[PDB]
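Next structure: contains methotrexate.
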Amino acid sequence: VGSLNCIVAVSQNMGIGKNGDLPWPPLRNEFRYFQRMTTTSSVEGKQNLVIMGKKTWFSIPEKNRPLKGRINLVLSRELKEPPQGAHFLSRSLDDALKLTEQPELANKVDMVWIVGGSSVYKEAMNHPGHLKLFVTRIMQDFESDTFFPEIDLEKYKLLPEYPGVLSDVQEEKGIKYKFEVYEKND
Ligand SMILES: NC(=O)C1=CN([C@@H]2O[C@H](COP(=O)(O)OP(=O)(O)OC[C@H]3O[C@@H](n4cnc5c(N)ncnc54)[C@H](OP(=O)(O)O)[C@@H]3O)[C@@H](O)[C@H]2O)C=CC1
Ligand SMILES: CN(Cc1cnc2nc(N)nc(N)c2n1)c1ccc(C(=O)N[C@@H](CCC(=O)O)C(=O)O)cc1
């Protein structure tokens, strides 16, 4: 079990979702990077694990579920079994990480990626330990219904750079955004 990382795309107003989907038009390069980041493994024969709440799992188009090349995990206190297509189900973020420690998975998984949503971000974000937040800053306001918790800047530092992450403003469909990385250790 290597790195613990969060990944999110937020609008100027700190908003990640609107009625089950994103607040913005689909940015395919944005999705490209999301997929590239979460799927790439720095260790041969090992895979990345993605942790998502049940409403995030349900917002991924059916056809792209479970996300490919990735070990998929849903979080939920209601469901009895993983939703069709899922690989694992856990009742807590602490349980999900322990499973990583199980020999089943202990040799198959490299980094673990938290893909949301909020409640889920919030807890991981405050998890004791070393962590990184890969944030896409979508540069405009989008009416949303679900938000990203605030970044505590007194704990989380913005890096001037990071290998494999474009440092310049992207713009697609007239919507500009930038990629950022925060690092923590406490
Ligand atoms: N722009 C972006 O980066 C992202 C946008 N989105 C979008 O935002 C929305 C996702 O929203 P959100 O409401 O936060 O949904 P989640 O995807 O977090 O779904 C919440 C469900 O997940 C379970 N759950 C969540 N956190 C935990 C935990 N720590 N322990 C146990 N169970 C947990 C609960 O399930 P139960 O009720 O079964 O107990 C809760 O009802 C959609 O609009 C989606 O499209 C989502 C992710 C990233
Ligand atoms: C609703 N949603 C959650 C979502 C969307 N954008 C994000 N963007 C970032 N930066 N971080 C997130 N956590 C994130 N999550 C989705 C929706 C679709 C796919 C998806 O179908 N993903 C493909 C990428 C397919 C594509 O390239 O368009 C994959 O193979 O991972 C992922 C997440």
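Heads up, chain A uses the PDB entry numbers, so what you see runs 1-186. Whatever order the structure lists them in is the order used to number ligands and atoms, beginning at 1. Hydrogens, waters and symmetry mates are skipped; everything else that's a heavy atom, side chains included, is used. Technique stated in the header: X-ray crystallography, 1.9 Å.
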Practice task
Provide the full list of ligands or chains belonging to methotrexate.
Solution key: ligand 2
Practice task
List the chief contact partner of methotrexate (ligand 2) in this entry, with the name from UniProt.
Solution key: Dihydrofolate reductase
Practice task
Give, by chain and number, all residues and nucleotides of other chains with a heavy atom within 4.0 Å of methotrexate (ligand 2).
Solution key: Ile7, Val8, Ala9, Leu22, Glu30, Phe31, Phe34, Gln35, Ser59, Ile60, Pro61, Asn64, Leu67, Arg70, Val115, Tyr121, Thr136
Handout entry: Source organism of chain A (PDB entry)
Key = Homo sapiens
Practice task
Can you pull out the closest protein heavy atom to atom 1 (C) of methotrexate (ligand 2)? Residue, atom name and distance to 0.1 Å, please.
Solution key: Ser59 OG, 3.7 Å
Handout entry: Nearest-neighbour protein heavy atom for atom 7 (C) of methotrexate (ligand 2), which is reported as residue plus atom name and distance
Key = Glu30 OE1, 3.8 Å
Exercise for the section: Quick one: look up the protein heavy atom nearest atom 3 (C) of methotrexate (ligand 2) and list residue, atom name and how far away it is. Expected result: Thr56 CG2, 4.3 Å
Exercise for the section: Identify which residues UniProt lists as binding NADP(+) in chain A have a non-hydrogen atom closer than 4.0 Å to methotrexate (ligand 2). Expected result: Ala9, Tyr121
Exercise for the section: Name the closest protein heavy atom to atom 28 (O) of methotrexate (ligand 2), giving the residue it belongs to and the distance to 0.1 Å. Expected result: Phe31 CB, 3.4 Å
Handout entry: Residues of chain A binding substrate per UniProt, non-hydrogen atom under 4.0 Å from methotrexate (ligand 2)
Key = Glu30, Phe31, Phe34, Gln35, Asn64, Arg70
Exercise for the section: Enumerate the atoms of methotrexate (ligand 2) whose separation from the nearest heavy atom of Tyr121 is less than 4.0 angstrom. Expected result: 13 (N)
Problem - Ligand-residue contact atoms, methotrexate (ligand 2) with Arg70, heavy atoms, under 4.0 Å - result: 29 (C), 30 (O), 31 (O)
Exercise for the section: Could you tell me the residue and atom name of the protein heavy atom closest to atom 24 (C) of methotrexate (ligand 2), and the distance to it rounded to 0.1 Å? Expected result: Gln35 CB, 3.8 Å
Handout entry: Residue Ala9 vicinity, atoms of methotrexate (ligand 2) by number, heavy atom under 4.0 Å
Key = 8 (N), 9 (C), 10 (N), 11 (N)
Problem - For atom 13 (N) of methotrexate (ligand 2), the protein heavy atom that lies nearest, with its residue and separation - result: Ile7 O, 2.7 Å
Practice task
Return the residue, atom name and 0.1 Å-rounded distance of the protein heavy atom closest to atom 22 (N) of methotrexate (ligand 2).
Solution key: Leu67 CD2, 3.8 Å
Handout entry: Majority-contact UniProt domain of chain A for methotrexate (ligand 2)
Key = dhfr
